[PDB]
Asks: 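Just dropping this structure here.
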Amino acid sequence: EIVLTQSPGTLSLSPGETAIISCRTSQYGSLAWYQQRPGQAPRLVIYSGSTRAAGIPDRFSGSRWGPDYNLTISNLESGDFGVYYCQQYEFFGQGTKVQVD
Amino acid sequence: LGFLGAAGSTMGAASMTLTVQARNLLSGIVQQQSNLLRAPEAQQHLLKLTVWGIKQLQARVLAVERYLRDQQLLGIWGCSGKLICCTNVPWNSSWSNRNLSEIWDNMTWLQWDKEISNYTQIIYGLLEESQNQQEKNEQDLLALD
Amino acid sequence: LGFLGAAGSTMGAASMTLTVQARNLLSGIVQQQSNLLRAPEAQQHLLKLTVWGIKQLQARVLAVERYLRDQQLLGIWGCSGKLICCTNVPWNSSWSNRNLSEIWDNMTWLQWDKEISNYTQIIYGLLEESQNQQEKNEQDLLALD
Amino acid sequence: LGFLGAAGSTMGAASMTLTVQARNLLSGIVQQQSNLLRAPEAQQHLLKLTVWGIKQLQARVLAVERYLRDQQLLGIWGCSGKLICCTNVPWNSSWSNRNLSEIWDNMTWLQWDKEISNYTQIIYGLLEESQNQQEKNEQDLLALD
Amino acid sequence: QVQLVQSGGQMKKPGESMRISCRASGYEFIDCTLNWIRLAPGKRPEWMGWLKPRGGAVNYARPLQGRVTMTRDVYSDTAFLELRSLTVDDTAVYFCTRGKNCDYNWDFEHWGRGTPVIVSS
Amino acid sequence: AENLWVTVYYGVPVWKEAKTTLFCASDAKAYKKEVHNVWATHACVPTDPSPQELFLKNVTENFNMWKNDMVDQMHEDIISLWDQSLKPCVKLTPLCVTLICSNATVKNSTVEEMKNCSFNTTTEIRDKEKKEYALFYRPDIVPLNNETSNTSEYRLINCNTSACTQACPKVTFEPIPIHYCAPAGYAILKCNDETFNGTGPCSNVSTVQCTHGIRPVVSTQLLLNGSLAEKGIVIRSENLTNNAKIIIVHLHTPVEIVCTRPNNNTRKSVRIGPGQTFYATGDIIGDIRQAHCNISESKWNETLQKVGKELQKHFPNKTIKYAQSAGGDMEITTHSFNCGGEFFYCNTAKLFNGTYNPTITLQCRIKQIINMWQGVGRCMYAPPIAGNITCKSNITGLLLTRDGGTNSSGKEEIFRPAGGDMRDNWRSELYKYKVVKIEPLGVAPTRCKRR
Ligand SMILES: *[C@@H]1O[C@H](CO)[C@@H](O[C@@H]2O[C@H](CO)[C@@H](O[C@@H]3O[C@H](CO[C@H]4O[C@H](CO[C@H]5O[C@H](CO)[C@@H](O)[C@H](O)[C@@H]5O)[C@@H](O)[C@H](O[C@H]5O[C@H](CO)[C@@H](O)[C@H](O)[C@@H]5O)[C@@H]4O)[C@@H](O)[C@H](O[C@H]4O[C@H](CO)[C@@H](O)[C@H](O)[C@@H]4O)[C@@H]3O)[C@H](O)[C@H]2NC(C)=O)[C@H](O)[C@H]1NC(C)=O
Ligand SMILES: *[C@@H]1O[C@H](CO)[C@@H](O[C@@H]2O[C@H](CO)[C@@H](O[C@@H]3O[C@H](CO[C@H]4O[C@H](CO[C@H]5O[C@H](CO)[C@@H](O)[C@H](O)[C@@H]5O)[C@@H](O)[C@H](O[C@H]5O[C@H](CO)[C@@H](O)[C@H](O)[C@@H]5O)[C@@H]4O)[C@@H](O)[C@H](O)[C@@H]3O)[C@H](O)[C@H]2NC(C)=O)[C@H](O)[C@H]1NC(C)=O
Ligand SMILES: *[C@@H]1O[C@H](CO)[C@@H](O[C@@H]2O[C@H](CO)[C@@H](O[C@@H]3O[C@H](CO)[C@@H](O)[C@H](O)[C@@H]3O)[C@H](O)[C@H]2NC(C)=O)[C@H](O)[C@H]1NC(C)=O
């Protein structure tokens, strides 16, 4: 019982490089992402698909074109890699993760 | 004192003393900075909540409402400032037909406008359409070529 | 009712009914001695402190503030009373250069002054210098010799 | 800023900047909709009874009284709107007799207005006489035949 | 600035009931919504529920219908979560959350410290 | 180009929105004898004896119901007027002392809810006390199964929250209507057109000087005495996919609903101070029966199928299913309902057992220590009314919620009845009537020359 999804499922990048992530496919609604797990409860990164959230680094910005919806993930660090999620209202994504090194 | 010094006198006499009302219709002896009174001594208790504070505010604002409304009704006809004015439409057929002699010779205004009261809206409409003709003619004069 | 019965009409038609708003801009149906309502019966409890009393006085004073401010901004340009005015000043280079036909033929004013809003202060400045030139010229004419 | 930007300047220079007082004597920066401020955020607690509520209403209505009284005193002489007026009346014998040179060359209104205060009523009386003469002459001019 | 307090994680057996509490301080409780969330690693997070404290309203999740309950207590300023007949499937961490503003209830600005719950036998 | 086209016109048909106050208006005939405060107070002003309206040609405007301020304005004003009604004439209550009750035994049989209960109040003399039959009704007592309640003795429910205030016996309570109208410089606009989704442009637009009167009756999850819809059925809701917000439903056709407090009752006075008078149920007479309501099942089913064939339009192939109450406190789950001063709490389970694709009866309970509105303070205490009391109304709408969770194509969709937020009892009628301000000093380039 799932409608929401996101791609790519898993990535393998070193510290400091940039990645491209995207949520799919066509269900209407406000998009959102929640930051990689640091160990405690995660924090926000973005509002309304393309609005940076307060108290967040400037490395990360979204983009939306109808069904197309991408997020660039730049200058990763060992202190920021982890399991991060995509969300619309109730569902969540498959739970992507970017592994450092 | 306004009309209160010359109310019941002749028609022509009233027109000669219309001016001292301007002080009389806005100032008020007691509400505010009058021709006789200034701000009160113990104003700290006037500013703090009191019954007579509500009274003074109500009275002063009602006077302002009154003056602004009547001036605006007079102003819209292009008669602002001019104590005597004049309109671009003759008088309707009904009511009409009363001789001028007694009215200015010996009548006083107290007994005059009682019959005119119910028809006053008609005079307002007539002055209104008069102003409409005047402003369109002003626009036509503005149209030089 | 004013433009509450004539807002969306033609520009020429709008100019033909600019008058009745004077009643509709000051009176108010319910706050005061309107064209339909007089003072209420149970005024003993109106004058005593009540929430709706404060509402009444707030509404009356806000309407008075509004009308006085607009009429003052209109008066300072020498346009007092005249529903149609005229100024001795040209229009600036920008924002200008639009054809006049559509503006008078079928245009409605609801979409007109949207783009004039941000430049509206500039017209006030231009009219201000117009009045300055006019009053100094009046002083010079007053100077006969 | 009104005279607050050019209060102490020369006699002639004051006339050139009389206009910006229209904004500076009605709006107020803070009392209501101004050139810098608008309605407050927590107005639900302002409309409900508050110590400063009566202060705000008192300030607004006091400013309204201030403007309206002097505006009427200017209007009754037929000088409404005209920032520089003129009357058909001579000046009385006493007080008189001071040379015009210093009064406009270097003097300023700050040092001039004190000594005319006690005689100020006399100017109002003479202007009233002027308006009486003018209105009777207007009525006679209306009498074509 | 605002923070949410929790009583920590508590561990238990399969097949019984349990409780957990959360509270808020500042930005008063009575006006704005709360949302429970469950985090099971290796499994999708699930919107647990949302309670509007203004009137005791609630709309539980259909997959957990019946055996999960919520309750408020305004004077104590707390939020009680109650569930019944837990299984190993519910091995997860729990949070209490708040929104940016009192018109949207999904982009969660403030989260609790987190509270694990494990059952194995 | 002559004088490069400058002038100014007065009047200037332009306007813009502005958050501002609104005003009172009511029919000021009958309420001249209610000297104490009440909704349509003898203050305010008589309603205009001649309402006016006009249809405006070609006017295009985008009504938006959820953004407008005036609903919050009145939500504050009614609460303030409520306080100003229960600030005077109110007897602060030194109740909550030791009390003891038992089974009533009015007849030989035990009554359902009342309990004949003793109570040692203060006498007029401050030194001594005396005992009288006094207030019992079950939900307002902290219980125990022993020979007393609470833990021993008992106390009234209010005395660990705040001091409950006595309601003035002289002050009536009825939903007497109120109009609204704006001061000079402001006007009200109305969207006559139908099938309005609460947003977007509305074409058939008419200007009304003063709004029509409403009956601001307070209630939950059953909109009642509201004006019927223009035609058929309509949904007026802020989005549907965002399940958080509440969904309104509004009917063109009414449905009769009636409720009865069948028992005869009489109030007996009790003195608690120098001039402070207490009230409560004194005695009960006649046939004993619980409070209940009657409804015609056929029309109820007809309306539920009507609603069903509406909201199916907002989904391509899904199916609906009503359900019973969500849960929680009695205030939101049961049907809050006000009747002449007495208050009703009705279990609504029987009204939502249906599914999609002759005289139902409702169980109800009176309640006498109310903590409505915010639920934080200002708890009031109504006096019981003499004799029987009945009242009826026209159901007009329902307040639903969409729940959530995981979904798949071909699965069922579930709706539940809820409420609580009293504002959603107010947005039903006042979706019309935007508030707007006229700015008469616009300009336009036009040729002219003074002299
Ligand atoms: C939804 O809309 C519907 C449709 O409009 C609306 O329906 C009406 O609902 C009401 C209930 O809310 C129905 O019942 C009415 O109840 C009256 C009972 O109250 C009487 O007593 C009040 C207090 O006085 C008592 O106590 C004192 C002191 O102890 C004692 O001296 C008195 O004798 C009395 O016992 C009193 O306030 C009340 O009203 C009076 O005052 C108001 C305000 O000033 C005035 O407007 C009234 O006219 C009246 O003078 C009343 O006195 C009941 O009396 C009333 O009328 C019946 O009785 C009288 C007298 O016996 C008859 O003359 C009359 O013909 C009736 O038989 C009325 O029945 C009411 O009936 C509904 N309407 C219809 C048409 O049936 C709903 O309320 C709306 N809201 C909801 C939630 O549904
Ligand atoms: C109330 O309920 C709504 C559901 O009922 C809910 O869902 C949606 O919320 C979004 C909010 O962002 C609304 O906004 C947008 O609506 C358009 C409408 O489609 C038409 O217009 C687009 C133009 O969009 C262009 O610009 C946007 C940026 O603004 C770009 O992302 C977009 O790619 C375009 O460049 C037009 O393209 C559409 O055309 C179709 O074909 C093109 C070409 O193939 C596709 O690219 C396109 O995706 C579409 O297939 C079409 O003519 C929508 O298309 C946007 O994607 C965006 O969703 C929605 O209107 C709204 N849904 C509905 C049905 O209105 C709301 O969120 C909810 N409100 C709240 C407050 O919760
Ligand atoms: C004092 O105020 C309280 C608060 O509203 C009144 O209600 C009491 O509220 C508490 C809140 O926890 C109830 O607690 C109970 O906890 C047990 C734990 O097992 C649970 O099983 C119950 O369902 C309930 O949640 C308590 O029952 C409730 N009532 C009483 C009598 O304490 C209280 O009535 C007020 N008065 C007094 C005298 O306490």
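To find a chain, count down the sequence lines: A is the first, B the second, and so on, and within it residues start at 1. Cropped entry; intra-crop contacts only.
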Asks: Drug name at chains A and E?
Replies: VRC01
Asks: What name is recorded for chain A in this PDB entry?
Replies: VCR01 variable light chain
Asks: Provide the name given to chain E in the entry.
Replies: VCR01 variable heavy chain
